[PDB]
Asker: 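Lab note: zenarestat/aldose reductase complex loaded, questions to follow.
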Amino acid sequence: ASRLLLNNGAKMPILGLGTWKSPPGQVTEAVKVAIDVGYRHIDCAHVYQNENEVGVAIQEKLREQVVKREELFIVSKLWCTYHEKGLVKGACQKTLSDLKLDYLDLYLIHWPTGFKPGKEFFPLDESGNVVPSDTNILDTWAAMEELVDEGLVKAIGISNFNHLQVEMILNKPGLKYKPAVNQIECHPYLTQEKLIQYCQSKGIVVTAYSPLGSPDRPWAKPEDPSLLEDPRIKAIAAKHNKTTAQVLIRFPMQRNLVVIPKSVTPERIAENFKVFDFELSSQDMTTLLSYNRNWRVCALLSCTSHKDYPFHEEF
Ligand SMILES: NC(=O)c1ccc[n+]([C@@H]2O[C@H](COP(=O)([O-])OP(=O)(O)OC[C@H]3O[C@@H](n4cnc5c(N)ncnc54)[C@H](OP(=O)(O)O)[C@@H]3O)[C@@H](O)[C@H]2O)c1
Ligand SMILES: O=C(O)Cn1c(=O)n(Cc2ccc(Br)cc2F)c(=O)c2ccc(Cl)cc21
């Protein structure tokens, strides 16, 4: 297909519209044009602060007529603030409320990373770091096995999230459910060859976030790296009379992956979905993998002393 095989027998589309960065002012149009175009998969979250407006679009595309609930794939996540098994529960409730649906297709633990509950989405040190939470990897996994049992969510998994932390959850006693998917970032400057064959190896599904390198990331500086604007990628894209975003987007798909591109911009929603027409050669595939600088983009660093920090091993 256009559509990978979940452990829960279900069928996830290869391509979806990301929704991180997308103001409440741009996100209903973005989603309704993605639907008229053809994306049936979307990636939301409660942090994005836009879910409610993602929803109404879905809602009027449904009730207008273009799509059926069945044929959707909505994905969302658990904030760091309700790793509390007692609180996992409400977290899926007001998101499903937000969304205006009665179920969700795949639910994520947003981070390996527990922080202390209150209003603030990121409670800070008094000096540098996040105020963590005593909460627990596999004991939070359970609070959402519970969510499947109760009907709320058809399937379940992890965001980003290393070999260690994965390999814990399937060694958990009493293990009722398997993670479906491991949402990680990937792109040409981290290819992550080796948790290619752990994640997936042995045997869960990978969704590549930030496929374009994310150049509207709040910590937006560098001076330097620039996947959209890179000389040697530009030429791949020229060869296929396609664009670089296209080449970028095709790239995870072709490694057995799932891609969530974001844009709010109707032009490039409709454009970003235009990627089934070409196959990258064996050489672009070799090359765009030779580009691996090990270079993280989501990265956050007032959380770095926290025990469950994804990015402290190599895979
Ligand atoms: N679990 C996680 O921690 C996590 C973290 C990061 C990302 N994700 C998810 O994955 C999705 C994708 O990542 P992203 O938001 O990080 O970054 P991204 O999709 O790689 O990059 C977003 C930016 O690329 C620009 N763009 C997109 N298509 C383009 C095109 N054809 N030509 C030129 N520019 C284009 C967009 O412009 P405009 O949008 O300004 O038009 C936008 O600001 C997110 O929306 C999010 O839901 C998950
Ligand atoms: O979480 C997301 O999907 C997107 N996203 C993100 O990626 N990080 C980085 C980050 C946060 C916490 C930890 Br722990 C590690 C990290 F590196 C953010 O700070 C972030 C901030 C606000 C919102 Cl609305 C989304 C964000």
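Quick note: numbers on chain A are straight from the PDB entry, i.e. 1-315, in order. Read the numbers this way: they start at 1 and go in the same order the structure lists the ligands and their atoms. When reading the values below, keep in mind they use all heavy atoms of this one structure, side chains included, and skip hydrogens, waters and symmetry mates.
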Asker: I'm trying to find zenarestat in this model - which ligands or chains should I look at?
Answerer: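 At ligand 2.
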Asker: When you measure from atom 24 (Cl) of zenarestat (ligand 2) to every protein heavy atom, which one gives the shortest distance, and what is it?
Answerer: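 Going atom by atom, the protein heavy atom closest to atom 24 (Cl) of zenarestat (ligand 2) ends up being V47 O, 3.2 Å.
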Asker: Tell me: protein heavy atom nearest atom 2 (C) of zenarestat (ligand 2), and distance?
Answerer: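 That would be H110 NE2, 3.3 Å.
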Asker: Could you find the nearest protein heavy atom to atom 11 (C) of zenarestat (ligand 2) and give me its residue, atom name and distance?
Answerer: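 Answer for atom 11 (C) of zenarestat (ligand 2): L300 CD1, 3.3 Å.
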Asker: Starting from atom 5 (N) of zenarestat (ligand 2), locate the nearest protein heavy atom and write down its residue, its atom name and how far away it is, to 0.1 Å.
Answerer: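 Answer, as residue, atom name and distance: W20 CZ2, 3.7 Å.
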Asker: Provide the number and name of each other ligand or ion under 4.0 Å from zenarestat (ligand 2).
Answerer: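 I find these: ligand 1 (NADP nicotinamide-adenine-dinucleotide phosphate).
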Asker: Which atoms of zenarestat (ligand 2) are found less than 4.0 Å from any heavy atom of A299?
Answerer: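 Every atom of zenarestat (ligand 2) under 4.0 Å from some heavy atom of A299: 17 (F).
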Asker: Which protein non-hydrogen atom lies closest to atom 1 (O) of zenarestat (ligand 2), naming both residue and atom, and how far is it?
Answerer: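 The closest one turns out to be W111 NE1, 2.9 Å.
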Asker: Under 4.0 Å, heavy atoms only, figure out whether zenarestat (ligand 2) is touched by the backbone of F121, its side chain, both or neither.
Answerer: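 Neither; no heavy atom under 4.0 Å.
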Asker: Under 3.5 Å between any N/O of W79 and any N/O of zenarestat (ligand 2): does that happen in this structure?
Answerer: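 For zenarestat (ligand 2), there is no N or O atom that lies under 3.5 Å from one belonging to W79.
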Asker: Relative to zenarestat (ligand 2), which UniProt active-site residue of chain A is closest, and what is the heavy-atom distance rounded to 1 Å?
Answerer: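 Heavy-atom minimum to the UniProt active site of chain A: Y48, 3 Å.
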Asker: Short list, please: which atoms of zenarestat (ligand 2) are under 4.0 Å from a heavy atom of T113?
Answerer: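 What qualifies from zenarestat (ligand 2) is 14 (Br).
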Asker: Tell me, which protein residue and heavy-atom name are nearest atom 17 (F) of zenarestat (ligand 2), and how many Å apart are they?
Answerer: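 Closest protein heavy atom to atom 17 (F) of zenarestat (ligand 2): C298 O, 2.5 Å.
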Asker: Which NADP(+)-contacting residues per UniProt in chain A have a heavy atom closer to zenarestat (ligand 2) than 4.0 Å?
Answerer: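 Per UniProt, the ones with a heavy atom under 4.0 Å: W219.
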Asker: Looking only at protein heavy atoms, which one is nearest to atom 20 (C) of zenarestat (ligand 2), and how far off is it?
Answerer: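 Closest protein heavy atom to atom 20 (C) of zenarestat (ligand 2): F122 CZ, 3.9 Å.
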Asker: Does zenarestat (ligand 2) reach any of the residues UniProt lists as binding substrate in chain A within 4.0 Å (heavy atoms), and which are they?
Answerer: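 Counting heavy atoms against the UniProt list, it comes to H110.
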Asker: Can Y209 be said to touch zenarestat (ligand 2), with heavy atoms closer than 4.0 Å?
Answerer: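 The answer is no: zenarestat (ligand 2) sits nowhere under 4.0 Å from a heavy atom of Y209.
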Asker: Look at atom 8 (N) of zenarestat (ligand 2) and say which protein heavy atom is nearest, naming residue and atom and giving the distance to 0.1 Å.
Answerer: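 Scanning the protein heavy atoms, the shortest distance from atom 8 (N) of zenarestat (ligand 2) goes to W219 CH2, 3.8 Å.
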Asker: Which residues would you count as binding zenarestat (ligand 2), with heavy atoms within 4.0 Å?
Answerer: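 Counting heavy atoms, the site comprises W20, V47, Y48, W79, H110, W111, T113, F122, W219, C298, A299, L300, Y309.
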